[PDB]
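Entry featuring tolmetin.
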Amino acid sequence: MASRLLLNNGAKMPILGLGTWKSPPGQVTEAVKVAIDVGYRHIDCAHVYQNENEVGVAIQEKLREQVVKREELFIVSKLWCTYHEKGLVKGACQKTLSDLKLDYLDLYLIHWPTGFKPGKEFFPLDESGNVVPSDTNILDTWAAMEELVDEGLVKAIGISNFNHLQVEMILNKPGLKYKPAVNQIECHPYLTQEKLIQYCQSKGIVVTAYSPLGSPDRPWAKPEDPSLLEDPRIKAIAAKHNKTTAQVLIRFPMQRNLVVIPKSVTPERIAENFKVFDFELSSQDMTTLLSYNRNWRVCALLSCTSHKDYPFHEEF
Ligand SMILES: NC(=O)c1ccc[n+]([C@@H]2O[C@H](COP(=O)([O-])OP(=O)(O)OC[C@H]3O[C@@H](n4cnc5c(N)ncnc54)[C@H](OP(=O)(O)O)[C@@H]3O)[C@@H](O)[C@H]2O)c1
Ligand SMILES: Cc1ccc(C(=O)c2ccc(CC(=O)O)n2C)cc1
């Protein structure tokens, strides 16, 4: 299978990338160095992860050492919710660039459709605990992203956690300049996303699947939660192919024409997660994995459920 797919800005995106959410700042530099050494060309980052400086240290070292060329890397980041105001977008992007030590991003995503009140707090709360919204709508934030493209700061722009109506809102924006190149959404056998994926792909929007392993390190994990990596049905499929369960879970979205971004700080797993290009899941395997859908979410953005733009009320 090809290592990259074509986006609608004319650029190629590596279908496998390294996730950084929850990667401790003390381990993430090594994690990214190892990833690049073992063949990863695509790194998924966010300002809200508060690790971008350390990730940047890794990228910069690998560039300086000429292990890789900048043009061979695909570096993605995301605009946090407290930055949706038009006057804050450029600055947010520039802070991310400075931390990553880059002069451009290959892809910059609106992290969530929900804008929040600007300030130091990433999740500003009222006295009663609800998130305080921004009055900036998704379409104006989109115009600000487009400006980032026209200023040379980012090669492509996209969205994340947009439901199909919100994607539709962007595609229908009056005077729309650039279409979203990507929608990055949670996807795995317990949330299969057939509808949203089909819609985006029908529009020429590439989908990136996050939490492909079910995010076993998520802070809110509970024992009664389903566990992909421990699912004996999935372990049986892996066993049949002489691969690991994680490898199956990574190959799964690839064969759906999705980009996938498993996260690890463990060097051995970083390497293991990358050799997915040497085997194929059967159509039967694929349909079987799809049959496991429970509509179960790792990231439900639970503090935002009353936000006018909360993505997950809608079926898809
Ligand atoms: N746009 C968004 O809103 C959004 C939301 C969530 C995630 N994301 C992106 O998607 C990335 C991946 O999602 P995620 O971090 O939620 O979780 P994930 O990639 O599904 O799972 C990461 C967890 O799996 C473990 N793991 C990795 N490889 C393994 C293997 N081969 N065998 C066993 N365990 C393995 C990791 O452990 P170690 O790290 O200890 O090895 C870590 O605890 C994130 O890092 C982030 O970049 C984006
Ligand atoms: C209670 C609470 C509130 C907010 C967070 C939080 O900041 C959060 C939730 C999901 C994610 C991953 C992503 O959006 O990429 N983050 C970074 C976590 C926990």
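Residues: numbered from 1 along the sequence shown. Start at 1 and go down the list; that is how both ligands and their atoms are numbered. Reckoned from all heavy atoms, side chains included, excluding hydrogens, waters and symmetry mates.
Lab note - all copies counted, tolmetin located at ligand 2. Looking only at contacts, the largest set of contacts to tolmetin comes from what UniProt names Aldo-keto reductase family 1 member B1. Shortest contact from atom 15 (O) of tolmetin to any protein heavy atom: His111 NE2, 2.7 Å. At least one heavy atom of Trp220 lies less than 4.0 angstrom from tolmetin.
The protein atom (non-hydrogen) at minimum distance from atom 14 (O) of tolmetin is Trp112 NE1, 2.9 Å.
Scanning all protein heavy atoms for the shortest distance to atom 11 (C) of tolmetin gives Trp21 CZ2, 3.5 Å. Checking the UniProt active-site residues of chain A against tolmetin, the nearest by heavy atoms (to 1 Å) is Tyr49, 3 Å. Selection from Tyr49, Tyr210, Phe123 by nearest heavy atom to atom 7 (O) of tolmetin gives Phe123. Residue list (UniProt substrate-binding, chain A, heavy atom under 4.0 Å from tolmetin): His111. Closer than 4.0 Å to atom 2 (C) of tolmetin lies none of the heavy atoms of the protein. Within 4.0 Å of tolmetin on heavy-atom distance sit the residues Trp21, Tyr49, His111, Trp112, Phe123, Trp220, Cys299.
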